[PDB]
Every structure is written in C-alpha cells, then in structure tokens.
Enquirer: 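Complex: prazosin : Ribosyldihydronicotinamide dehydrogenase [quinone].
In this entry the chain letters A, B, ... are assigned according to the order of the sequence lines. The PDB entry numbering applies to chain A: residues 2-229, in that order. Chain B is numbered as in the PDB entry, which gives 2-228 for the residues shown. Order of listing sets the numbers, starting from 1, for every ligand and every atom in it.
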Amino acid sequence: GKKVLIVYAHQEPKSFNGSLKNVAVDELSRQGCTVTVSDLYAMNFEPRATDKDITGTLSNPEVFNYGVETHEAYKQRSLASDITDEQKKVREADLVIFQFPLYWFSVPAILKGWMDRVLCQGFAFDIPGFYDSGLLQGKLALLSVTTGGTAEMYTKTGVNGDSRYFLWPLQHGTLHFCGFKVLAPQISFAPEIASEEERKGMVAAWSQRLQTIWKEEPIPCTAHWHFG
Amino acid sequence: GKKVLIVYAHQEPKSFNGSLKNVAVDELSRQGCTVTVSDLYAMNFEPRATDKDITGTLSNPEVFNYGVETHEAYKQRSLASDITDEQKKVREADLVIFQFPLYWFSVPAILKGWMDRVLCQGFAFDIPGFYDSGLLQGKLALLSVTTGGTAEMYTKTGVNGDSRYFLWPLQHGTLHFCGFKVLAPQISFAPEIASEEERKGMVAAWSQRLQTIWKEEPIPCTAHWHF
Ligand SMILES: Cc1cc2nc3c(=O)[nH]c(=O)nc-3n(C[C@H](O)[C@H](O)[C@H](O)COP(=O)(O)OP(=O)(O)OC[C@H]3O[C@@H](n4cnc5c(N)ncnc54)[C@H](O)[C@@H]3O)c2cc1C
Ligand SMILES: Cc1cc2nc3c(=O)[nH]c(=O)nc-3n(C[C@H](O)[C@H](O)[C@H](O)COP(=O)(O)OP(=O)(O)OC[C@H]3O[C@@H](n4cnc5c(N)ncnc54)[C@H](O)[C@@H]3O)c2cc1C
Ligand SMILES: COc1cc2nc(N3CCN(C(=O)c4ccco4)CC3)nc(N)c2cc1OC
Ligand SMILES: COc1cc2nc(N3CCN(C(=O)c4ccco4)CC3)nc(N)c2cc1OC
Ligand SMILES: [Zn+2]
Ligand SMILES: [Zn+2]
C-alpha cells in the first residue's frame, strides 16, 4: 500500500496539466494507491515567505530572519496551519509528484512558494541533515513538467540548452537536498504546438509510465547526470 | 544620465540584503543616476499568475490560458495596474538590479512572481524577439544574491555544485531570453556566519563595484560560461 501526493500548479482544470494530473489520479487510484492532490491555485495558496507564517513569539523580533524564525516555529508548533497542513501530506506520502507548466525555466511562483514555505528547516532538512541525510529520506519525488519549447529547443545545441540544465535547482538543490530519491522527470514537450494525436500520445505515455512507477529506480541526482 | 531599477526581495530593512540595497541606492544616487526601488514585500507584491491579472473581459473565458490572455491584455492595454506599474519602471530603466537571498537555488517566490507576471509576451519577448533579439535589448541586468552556503560549498566539486549552475534559469532562461545583457553576478556568500567586519567588507565591495558599473562588459551568457 502506497500514498501519493500530487502538488499541482495550473489555473485551468481543462488544461493539458489538468489532464496529466487527472490521469495520474485515475491510474494511481486504479492501482489501489492512496492519492491526495494539493491544487495550489484552487487553494489560493500563499506563496510569500512572511512573518505571518509564524504565530508565536519571535526569537529575534528586532531583526526578522525568515529561516531562523520558521525553524524555531516548526520546533515549537507555531507555524501557520496552511504550512503544517501541507507538511502532513508530505510526511505521510511515499511519492510526491509535482505537476506544473515550466515558467522561466522553473516552477510557477505559486509552487515556488510551496517549496519556500513548506520545506522548512527541522521538517525537510537540518544542518547537518541534508542531501543523502535529508529528513525526507525514503521518499520518492518526480517532476512532471510541460513546456512551450519543443524537445529540439531543449537539446545541448538548441537555444535553450538541454532540458536537464533547468532541472538542477529543483531536483538537486531542492528535492535531493531534502533527502528525496528523485525519479526521472516526465517532460511533456510543447503541447500547444503538438497535434491532437501527439497530445493524446503524451497523456497516454504518462498514464502508461505510472502503471510501473513503483518498479522504477531513482536517477543518480548528480552534476554529471544534469550536465555531463 | 542613466536610470536604474532595483527589484528588491527581503522582508527585513535591517537585513544584509537591505544593506546591499541601501548602498546601491546611495552609490548610484551619488553618481547622479535616476534610481527607483521595487520593494516587493513592502508592496505586498502579488506572485500568483491568475485571471485577476487581466482587467475587463477575457479573450476566452471558457478555457483560461495565462500566456495567451496576458499577451492579449498587454497588446490591448488591459493588464492589472500592479503589472503595468512594474513594466513602466523596466521600460525606462537602463539597468535592472535584482537584490535577493537565494531560496532553493533560485529567487524567493515573491520575486519569481514578479518575473512570471511582469515579463509577459509582448513586453519582454515575442516571436522573433528572444535572446539576443529579445524586446528588452540594450538594457543591462545584474543579479545581486546572498547565500547561506559559503563560497567553498559552491565549488564545481562541492556539495551544492558550482554557483553558475543555479544562475542558468535566471541569467539565461529569463534575463538573456528577454534581451538583457547580463553583468557578472554579485554573490555575497554566507553573511550569517559573519564576521561583523567581514560583512562590512562585502557591503563595501558591492559599493566599490557600483562606482564603475557602467564601464563593465556583459558576461557571455552561454551554456559554456555556466557549465
Ligand atoms: C509566465 C510564463 C513563463 C513561461 N516560461 C517558459 C519557459 O521558460 N520555457 C518554456 O518552454 N515554456 C515557458 N512557458 C510556456 C509554458 O510552459 C506552456 O505554455 C505550458 O507548459 C503549456 O501547458 P498547458 O497545460 O498550459 O497547455 P494547454 O494550453 O492547456 O494545452 C494545450 C492544448 O492541449 C489540450 N488538451 C488538454 N487536455 C488534453 C487531453 N486530455 N488530450 C489532448 N489534448 C488536451 C488543450 O485543450 C490545449 O488545446 C511559460 C509560460 C508562462 C505563462
Ligand atoms: C526558504 C529559504 C530557502 C533557502 N535556500 C537556500 C539555498 O538554496 N542555498 C543557500 O545557500 N542558502 C539558502 N537559504 C539561506 C539564505 O540564502 C540566507 O539565509 C540569506 O541569503 C542570508 O541573507 P540575509 O540578508 O537574510 O542575512 P541576514 O540574516 O539579514 O544578515 C546576517 C547579519 O548581517 C547583519 N547586517 C545587516 N547589515 C549589515 C551591514 N551593513 N554590515 C554588517 N552586518 C550587517 C545583520 O544584522 C545580520 O546579523 C535559504 C533560506 C530560506 C529562508
Ligand atoms: C523556447 O523556450 C521558451 C518558450 C516559451 N514559450 C511560450 N509560449 C506559450 C504559448 N505557445 C504557443 O504555442 C501558442 C501560440 C498560440 C497560443 O499558444 C508557445 C509560446 N511562452 C514563454 N514564456 C516561453 C519561454 C521560453 O523560454 C524562457
Ligand atoms: C549548502 O546550501 C544551503 C545552505 C543553506 N543554509 C541555510 N542557513 C544559512 C546559514 N545559517 C546560519 O548560519 C545560522 C545559524 C543560526 C542562525 O543562522 C542558517 C541556515 N539555510 C538554507 N535553507 C540552506 C539551503 C542550502 O541549499 C538548498
Ligand atoms: Zn542531486
Ligand atoms: Zn544566456
């Protein structure tokens, strides 16, 4: 028995991202997995890292330091409940899938805020207690990303460089840092450009990949994998 | 005369980032430059890309495509005023400095939202206006970043890898894509582990570099430079 959290960042249910999220839910549900979706836009999820994220007495009220104050708030249980709600979902999950359109070679800001606010020190990592010693060790993570650019454009000799270059901050700097084993990303290239058959193909490839997701090995989340 | 925009993303005026922003203001002001600051947290800047970003009625209110709708709204002068306020500052600027602490090998979400919302198709880029021909060509951009990790931690065979690895999505994927010439980043490594005198010295060095900022050449913003 397995628990899956899908962190989903798209404004439009009828979008290609919406379809990818829906087939994920359908297929994991069919397998008998426990499935939860955090639909960040529908939740109006707060992306800003602010002093509103701590409800208790601040450790240093004269000079506000977000990292210091959230680490302390986590230990004291004085974090805002929207953060601790998300942390519960992550804690219980065996696999976390991020479903999002690529925005400026990265996640949309609303999802960036989820990373900034939910993955605090004490919960997701400590110093020491990061990368292979990260606190979310034992969990799997997977990026399911859609692009405007074609696969052509995302090659080493294309304008945008290889797709793996833009994965580094997310796969390594965030997920690996927190101790996740990272599964190979699912990149669905340029669905707005693609034909009807090509889009249906991309949806079914994801659906089909999910059938055997629990048999996959993680990537070696290293500089060499990303950059060669 | 030169116009500079500083897009600043820290919650605390007394912070190390705050000090770096303040010396940039002081030094560029001393030089006679026109200086504007967008203090994102103080503005409570909206980071979410939503249909609220378009005023009046939408191009296709059945299926919402942010990219399409904001491109159309830009062309039809129908974007929310927080966005168009920022676009005016960017249009008039000769240099845009981004002052921020590194969050997860990237910009804080509030700053990511400025990028997502302000740099829309029609304003910052178009077909064929991207990279070398991007719509903001002729402008300079500069990332001034503070980190938790020391410089040693950010070496090519360090835990965190090379600094330039994380710069790629920001410098190339974003700024170069819009046509900016990118100046070398100012990276202020690990202010929190001090010393109080060593912090003084990083602030001073940023100020010193700003003295000759207009003489500098842009980096070659290529896969090669970063990797
Ligand atoms: C601020 C911003 C920054 C961006 N930065 C980048 C960037 O840095 N690099 C880059 O490459 N791109 C970038 N993009 C482009 C962006 O990544 C794409 O527009 C997005 O990935 C497309 O996914 P979508 O779900 O919105 O597509 P949609 O427009 O929703 O889908 C395309 C088509 O697929 C159809 N569809 C939906 N479901 C199905 C289904 N079940 N079967 C068949 N068809 C279906 C839809 O009806 C639609 O016609 C950026 C976009 C924005 C707005
Ligand atoms: C969500 C999150 C994600 C993060 N992700 C990363 C990451 O991926 N990689 C990484 O390396 N780090 C990361 N960090 C750490 C972060 O980048 C550092 O905490 C930050 O850059 C420190 O900058 P600051 O301005 O807040 O320092 P401050 O705490 O504000 O500065 C340190 C000291 O400088 C003092 N000071 C202020 N002005 C001056 C002055 N002019 N002269 C002398 N001293 C002065 C202050 O009083 C303070 O004591 C993350 C932090 C958070 C909260
Ligand atoms: C090559 O890399 C990039 C590609 C991008 N594509 C788009 N779109 C989204 C909409 N498209 C369409 O097919 C389209 C046409 C009509 C309706 O929809 C593709 C262009 N928007 C961006 N902001 C991009 C940024 C990039 O690099 C930073
Ligand atoms: C190696 O790369 C990383 C370094 C990090 N350092 C910190 N600090 C900054 C240094 N601190 C301090 O001296 C300190 C101690 C007490 C108060 O302040 C706080 C933790 N916080 C993060 N979130 C980091 C994330 C990283 O990679 C994703
Ligand atoms: Zn890694
Ligand atoms: Zn470049």
Enquirer: Hmm, which bits of this model belong to prazosin?
Expert: ligands 3 and 4
Enquirer: Any idea which other chains come under 4.0 Å from prazosin (ligand 3), counting heavy atoms?
Expert: A, B
Enquirer: If you take every non-hydrogen atom within 4.0 Å of prazosin (ligand 3), which residues does that pick out?
Expert: A:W105, A:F106, A:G149, A:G150, A:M154, A:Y155, A:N161, A:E193, A:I194, B:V69, B:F126, B:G174, B:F178
Enquirer: Is atom 7 (C) of prazosin (ligand 3) close to the protein, meaning a heavy atom under 4.0 Å from it?
Expert: no
Enquirer: Counting both backbone and side chain atoms, is some N or O of A:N161 under 3.5 Å from an N or O of prazosin (ligand 3)?
Expert: yes
Enquirer: Under 4.0 Å from a heavy atom of A:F106: give me the atoms of prazosin (ligand 3) that qualify, with their elements.
Expert: 27 (O), 28 (C)
Enquirer: Please report which non-hydrogen protein atom sits nearest to atom 13 (O) of prazosin (ligand 3), along with the residue it belongs to and the distance in Å to one decimal place.
Expert: A:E193 CB, 3.4 Å
Enquirer: Under 4.0 Å from any heavy atom of B:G174, which atoms of prazosin (ligand 3) are there?
Expert: 28 (C)
Enquirer: Could you tell me, atom by atom, which parts of prazosin (ligand 3) come under 4.0 Å of a heavy atom of B:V69?
Expert: 17 (C)
Enquirer: Look at atom 5 (C) of prazosin (ligand 3) and say which protein heavy atom is nearest, naming residue and atom and giving the distance to 0.1 Å.
Expert: A:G149 CA, 4.5 Å
Enquirer: Is at least one protein non-hydrogen atom found at under 4.0 angstrom from atom 17 (C) of prazosin (ligand 3)?
Expert: yes
Enquirer: Of the residues in chain A that UniProt says bind substrate, which have any non-hydrogen atom under 4.0 Å from prazosin (ligand 3)?
Expert: none
Enquirer: Can you confirm whether something in the protein, heavy atoms only, sits under 4.0 Å from atom 28 (C) of prazosin (ligand 3)?
Expert: yes
Enquirer: Which of the FAD-binding residues recorded by UniProt for chain A place a non-hydrogen atom closer than 4.0 Å to prazosin (ligand 3)?
Expert: A:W105, A:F106, A:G149, A:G150, A:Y155, A:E193
Enquirer: For atom 22 (C) of prazosin (ligand 3), what's the nearest protein heavy atom and its distance?
Expert: B:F126 CZ, 3.8 Å
Enquirer: Under 4.0 Å from a heavy atom of A:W105: which atoms of prazosin (ligand 3) are those, numbered in the order shown and with their elements?
Expert: 28 (C)
Enquirer: What residue and heavy atom of the protein are closest to atom 25 (C) of prazosin (ligand 3), and at what distance?
Expert: B:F178 CZ, 3.8 Å
Enquirer: List below, pair by pair, the N or O atoms of prazosin (ligand 3) and of the protein that are less than 3.5 Å apart, including the distance to 0.1 Å; reply 'none' if no pair qualifies.
Expert:
from: prazosin (ligand 3); atom 1: 2 (O); to: A:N161; atom 2: OD1; distance (Å): 2.6
from: prazosin (ligand 3); atom 1: 18 (O); to: A:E193; atom 2: OE2; distance (Å): 3.4

